[PDB]
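The structure described below contains Taxol.
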Amino acid sequence: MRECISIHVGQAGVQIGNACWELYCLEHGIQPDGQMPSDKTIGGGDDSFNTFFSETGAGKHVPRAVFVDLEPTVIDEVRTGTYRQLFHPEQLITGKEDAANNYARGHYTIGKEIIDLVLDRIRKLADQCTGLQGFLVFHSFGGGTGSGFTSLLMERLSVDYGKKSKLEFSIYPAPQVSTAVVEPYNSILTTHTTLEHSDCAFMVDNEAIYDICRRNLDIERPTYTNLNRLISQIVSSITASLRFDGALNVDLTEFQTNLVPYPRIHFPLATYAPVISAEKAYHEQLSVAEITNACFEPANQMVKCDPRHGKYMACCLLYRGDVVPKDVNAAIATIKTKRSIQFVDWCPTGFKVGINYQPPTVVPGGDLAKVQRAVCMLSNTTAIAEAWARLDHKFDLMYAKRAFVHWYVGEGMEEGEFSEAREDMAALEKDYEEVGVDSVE
Amino acid sequence: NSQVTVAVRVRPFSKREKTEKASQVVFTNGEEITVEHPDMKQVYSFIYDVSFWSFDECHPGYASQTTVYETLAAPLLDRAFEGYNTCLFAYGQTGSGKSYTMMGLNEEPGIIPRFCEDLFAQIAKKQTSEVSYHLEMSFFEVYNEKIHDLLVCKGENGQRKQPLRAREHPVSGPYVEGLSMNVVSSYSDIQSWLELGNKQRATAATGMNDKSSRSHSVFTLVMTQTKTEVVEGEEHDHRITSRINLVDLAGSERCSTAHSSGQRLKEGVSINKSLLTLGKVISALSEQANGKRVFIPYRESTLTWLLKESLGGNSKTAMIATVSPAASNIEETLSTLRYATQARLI
Amino acid sequence: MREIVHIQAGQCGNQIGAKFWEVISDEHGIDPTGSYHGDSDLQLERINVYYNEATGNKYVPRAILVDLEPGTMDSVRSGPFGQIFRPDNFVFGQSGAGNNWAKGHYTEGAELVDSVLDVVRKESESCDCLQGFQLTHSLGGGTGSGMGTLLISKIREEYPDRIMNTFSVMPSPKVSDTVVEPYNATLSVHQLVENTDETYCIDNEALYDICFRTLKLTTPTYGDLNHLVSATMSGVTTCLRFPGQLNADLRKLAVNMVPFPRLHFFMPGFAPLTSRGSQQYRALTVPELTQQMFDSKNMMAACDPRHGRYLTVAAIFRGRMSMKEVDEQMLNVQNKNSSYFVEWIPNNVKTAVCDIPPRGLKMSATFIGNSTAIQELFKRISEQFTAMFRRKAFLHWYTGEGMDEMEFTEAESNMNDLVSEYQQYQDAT
Ligand SMILES: CC(=O)O[C@H]1C(=O)[C@@]2(C)[C@H]([C@H](OC(=O)c3ccccc3)[C@]3(O)C[C@H](OC(=O)[C@H](O)[C@@H](NC(=O)c4ccccc4)c4ccccc4)C(C)=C1C3(C)C)[C@]1(OC(C)=O)CO[C@@H]1C[C@@H]2O
Ligand SMILES: Nc1nc2c(ncn2[C@@H]2O[C@H](COP(=O)(O)OP(=O)(O)OP(=O)(O)O)[C@@H](O)[C@H]2O)c(=O)[nH]1
Ligand SMILES: Nc1ncnc2c1ncn2[C@@H]1O[C@H](COP(=O)(O)OP(=O)(O)NP(=O)(O)O)[C@@H](O)[C@H]1O
Ligand SMILES: Nc1nc2c(ncn2[C@@H]2O[C@H](COP(=O)(O)OP(=O)(O)O)[C@@H](O)[C@H]2O)c(=O)[nH]1
Ligand SMILES: [Mg+2]
């Protein structure tokens, strides 16, 4: 059946994972102990759908996910928290030492000694599946585990399973904000290895979500929880067509056919427009014409790039709730009338649509309002080429002086792995310039 | 004030691979060396100070051992008699042509023989009784940032690799404490000593080859020149010394692919760290050539620290990169070329 | 299970450690008998980093106390928290160093290092994993300077892939406390520039100034000065033994803060320090700590970063706080004060957050900085050194214990060759 395996890698992936599983349990009615009271309420009904959880005879619902870190700190809070009786206790920790912001320690040195145990549970998870779709990988660029461990895992999964969707949900690096001096290296080296092996890579930046939580929700002291709780809704919109019913279903194997023209240009963005507080939930109609326009304005992107400096190639639009299709056709007509939103000449259509009837669920203790309708937008632009240059320009400076390279060489790397990885990203800058060129014949 | 000279050499196809039908990957338009493979949309170019095309005998730019010497190593003996020091590095990977361009063969001799013979046979035309010449010779290795003498015989007991210490003399410069320095009269003595040394040099088996070098080997020649000039009395009133270092380096050894564990990995990391320091020092000498106040990181690796007085100041430094033209060896050749580029980025 | 082995050599190191354990035991709840009498459950989950189990739920630390004379050792045992030390770890001897590096490195320390390596080997093989070591000592005598450096040289050979921190107490510019600080400090920098990964330069004039015009104390004794160092030590190792939203071990900071392997001398700092009367006139917020942690009147280095430039900085926060505040403030520092930061490093700040703060506060912070201004400490010593070495003043007390003049020039040059490595990154072009 329609099945997906989630893999949470490093601190960001695991914390975002926590957020995601607190949201998956409430939509379906699973208590944190893994039980369902609906088993007593109505007999013979699927609410804890088999796409995200496996069932037992005792009426438990155990999630199809694997968390891995290299340090026991972040995953020791799942064993000592509310959701301790939900996950299979084989939550992979390689405690010993983490990657400490080094790609090499997460690839070979400390990255090994735990990957075989990771793929064994990934086999036990897939063998339980009656025909699976793909894998959801949640990690961050910049950290030593989120980059290295993921790049190693992605390459093995490319041999074992092969023709399966490998979708990534990654935290891309901000241009100004940062929490490390080695995010450029750990990004450029992850790209060189997770580009021939990924199928689609959804990007989010922390700076883009801070400005939303300030402007849209009136929060001037936001934390990582108020940040992960939007990332939960974005994954829920993607994963709703497998769980809940709707008119136009959109499975996971459709994205990579919709949003990836070429096999190297598969770096789309994300945005979730109706980010509203309870006070501004009123004074608002919250119609499709407002939301869809809100998904195309730069002040509501979850990545800090101005799409008016580029051209859209493709755009998926996944609606949730009370939504009639005509209200989508008219909205897309309006968006196509405008001259700011500019498309390539080789894609007049440039719109995939999906609709699902189940509206979102409001988490208790949240900053999001209850909504009759919600929308996501997974777009592919050339404006990303103006971010990959920045991360490259930083790479151009430090590597000129060979700073923070002793630490990589010291854990099984070469000087030539940087030049080979930096030359692969200078080609991905030329491709995004080719796709934007006017065609002729 | 100091001039670095990078030269890059391409070997011809092996007999083992001229029949196996390997696909040529490196080309040249005379000046620049280009790397191309049909699979790739991209082709990388590399311009060096000197390219020694040794692929096809019928080329108008063929480079035999008589050319790699006359173009690179011969201007280093012309400078040693002026009283200044010289360094000559040999970089490559296993199968590139390093030991063939450096030492050579029974009847096709590399740089060491054509240099020593052109030394001893060039002082015997200026060896008066007024001017004299004395030659001494040392030969050591760096293994995991630890100096070892190779011309010392082992015994009948456990580990016989005795580590020595590198000290800093205030006037002259750094030196190894306890190193056997031997006196030489001909080329045959150097040949015997080197043949005695390269059997003690560290070697391990890896996927690349049966015998891969795991140490930076350093061969030194100290030349003294005593002149007698009249100062109204007895005349011994002159001696200027010159140092000639010829060094065979190890390879990078991508530890990602070769799934290394233990001492090899350890060794690998050591060699990778020394090559990173050496590269930086070589690229800091080139900035001075143009002109800029800059600081050389000599005391970051032992090899660049022992050769401080042969790398900077009024000193000449040469570097021979070797690369294979086969398509099986394309990540190694590219790393070699990228490493040679940063040396000379003038 | 990351584990730290804590050596403490000499009077300075031993007193600082005796105050540090008084501080960490308060953080985990251990009493002077070794018994846990806490309230929370997060105090015991990661207590292995500094303690080992015993029979009756008693916790014995990994202290390796070292001294060449028994006077300082006797004081620790005859003290408040002295019954929490394994007596087989008080490794000491007679025949002290005499404020002489030679006696502690060649004559009277070589005959005792083989007994300290026994306790190191016994406290390290009884540990599942090991993030590294950390030493507290002084570069002004012979025991902390000599018998400490040798231990580092002999631990790197055994454990090279592990961390060697060193909370060193460097000499002060204006007023000395020993007359042979220059020699004993240069000959330790010669052995702390090749063998260590994090060195934290502390100076006592800065701590006097903190006690005076930041804390308003008119009788600052040494316990009050070590109360400051114990706070920094606690802060570097908070994200190993407590949880957080952004965690930072030792190697994580060493990989951010050390661009080139030799420049690992940092200038520490702690916030907030509020002086018991301005406690009710201050806000407990992130900017009020960020303004105190970047001010030159709070660092412990006696070196003004305004005469230099930051190459990297770190900020270990402790408390329930917002990450946007940290990111925004650490961006504002670089934007407003770009001249005090390097251009070829885009972001010079590393951030870390822990959720469980120090028992009496709602928020705390800890600061590490790599500045070129550190050269002012060394450039002075080499000015003293060559003034005393030109005349060979106090040298026969060093040559009479088995040393040569060549071992001095060696140490004189490296330090200078370090200043040029810092002055390389001082001016903008
Ligand atoms: C009302 C109140 O908040 O009391 C505070 C207090 O008023 C001030 C003055 C305290 C006080 O600090 C000092 O008096 C002091 C004097 C010299 C050197 C160092 C400290 C305090 O004594 C110190 C004490 O700090 C702690 O208790 C921490 O746990 C501290 N450890 C210890 O003090 C300690 C020492 C020995 C044995 C057991 C515990 C700590 C700090 C950093 C990292 C780990 C632990 C605290 C909150 C206070 C008093 C008591 C007044 C401050 O100290 C610290 C490090 O927090 C100085 O500024 C802070 C906060 C306050 O301003
Ligand atoms: N949105 C979000 N971002 C996070 C979170 N935790 C960390 N990050 C970001 O991820 C990057 C750092 O990556 P980590 O996840 O800490 O790294 P790691 O994969 O654990 O790797 P090492 O700790 O280096 O071994 C920075 O950009 C952080 O801001 C989180 O909970 N939410
Ligand atoms: N210009 C050339 N002309 C002819 N043969 C060449 C040339 N350059 C290299 N060769 C061949 O290259 C071979 C070198 O192989 P080999 O002796 O294994 O070197 P190597 O030991 O593997 N390199 P290294 O281990 O780093 O010293 C010789 O046998 C030569 O026949
Ligand atoms: N901060 C602090 N410094 C100290 C203490 N005791 C000594 N010192 C410093 O240590 C230096 C003298 O070193 P010393 O401890 O005597 O070396 P040792 O005799 O070999 O152990 C002087 O610069 C003192 O300022 C102390 O309790 N606290
Ligand atoms: Mg982590």
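The lettering of chains (A, B, ...) simply tracks the order of the sequence lines. By the numbers in the PDB entry, the shown part of chain A spans 1-441. Residues displayed in chain B correspond, in order, to the PDB entry positions 391-736. Going by the PDB entry, the residues shown for chain C are 1-429, listed in order. The figures that follow rest on heavy atoms only: side chains count, while hydrogens, waters and symmetry mates do not. As the structure lists them, so they are numbered: ligands from 1, and atoms in each ligand from 1.
- Taking every instance into account, the structure holds Taxol at ligand 1.
- The name the PDB entry gives to the main binding partner of Taxol in this structure is Tubulin beta-2B chain.
- Other chains near Taxol (heavy atoms under 4.0 Å), by letter: C.
- According to the PDB, the organism given as the origin of chain C is Sus scrofa.
- Close approach of Taxol to C/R359 (heavy-atom distance below 4.0 Å) involves ligand atoms 29 (O).
- Here the shortest heavy-atom distance to atom 29 (O) of Taxol, taken over C/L273, C/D26, C/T238, belongs to C/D26.
- Some N or O of C/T274 is nearer than 3.5 Å to an N or O of Taxol, by distance alone.
- Residue contacts with Taxol: C/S364 is excluded, as none of its non-hydrogen atoms falls under 4.0 Å.
- Considering only non-hydrogen protein atoms, atom 61 (C) of Taxol sits nearest to C/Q279 OE1, 3.3 Å.
- At a distance under 4.0 Å, a protein heavy atom can be found next to atom 47 (C) of Taxol.
- Those other ligands and ions that come closer than 4.0 Å to Taxol number zero.
- Against a heavy-atom cut-off of under 4.0 Å, C/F270 is close to the following atoms of Taxol: 42 (C), 55 (C).
- For the residues C/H227, C/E27, C/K19, the heavy atom positioned nearest atom 34 (C) of Taxol is part of C/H227.
- At a heavy-atom cut-off of 4.0 Å, the residues contacting Taxol are C/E22, C/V23, C/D26, C/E27, C/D224, C/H227, C/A231, C/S234, C/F270, C/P272, C/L273, C/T274, C/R276, C/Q279, C/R359, C/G360, C/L361.
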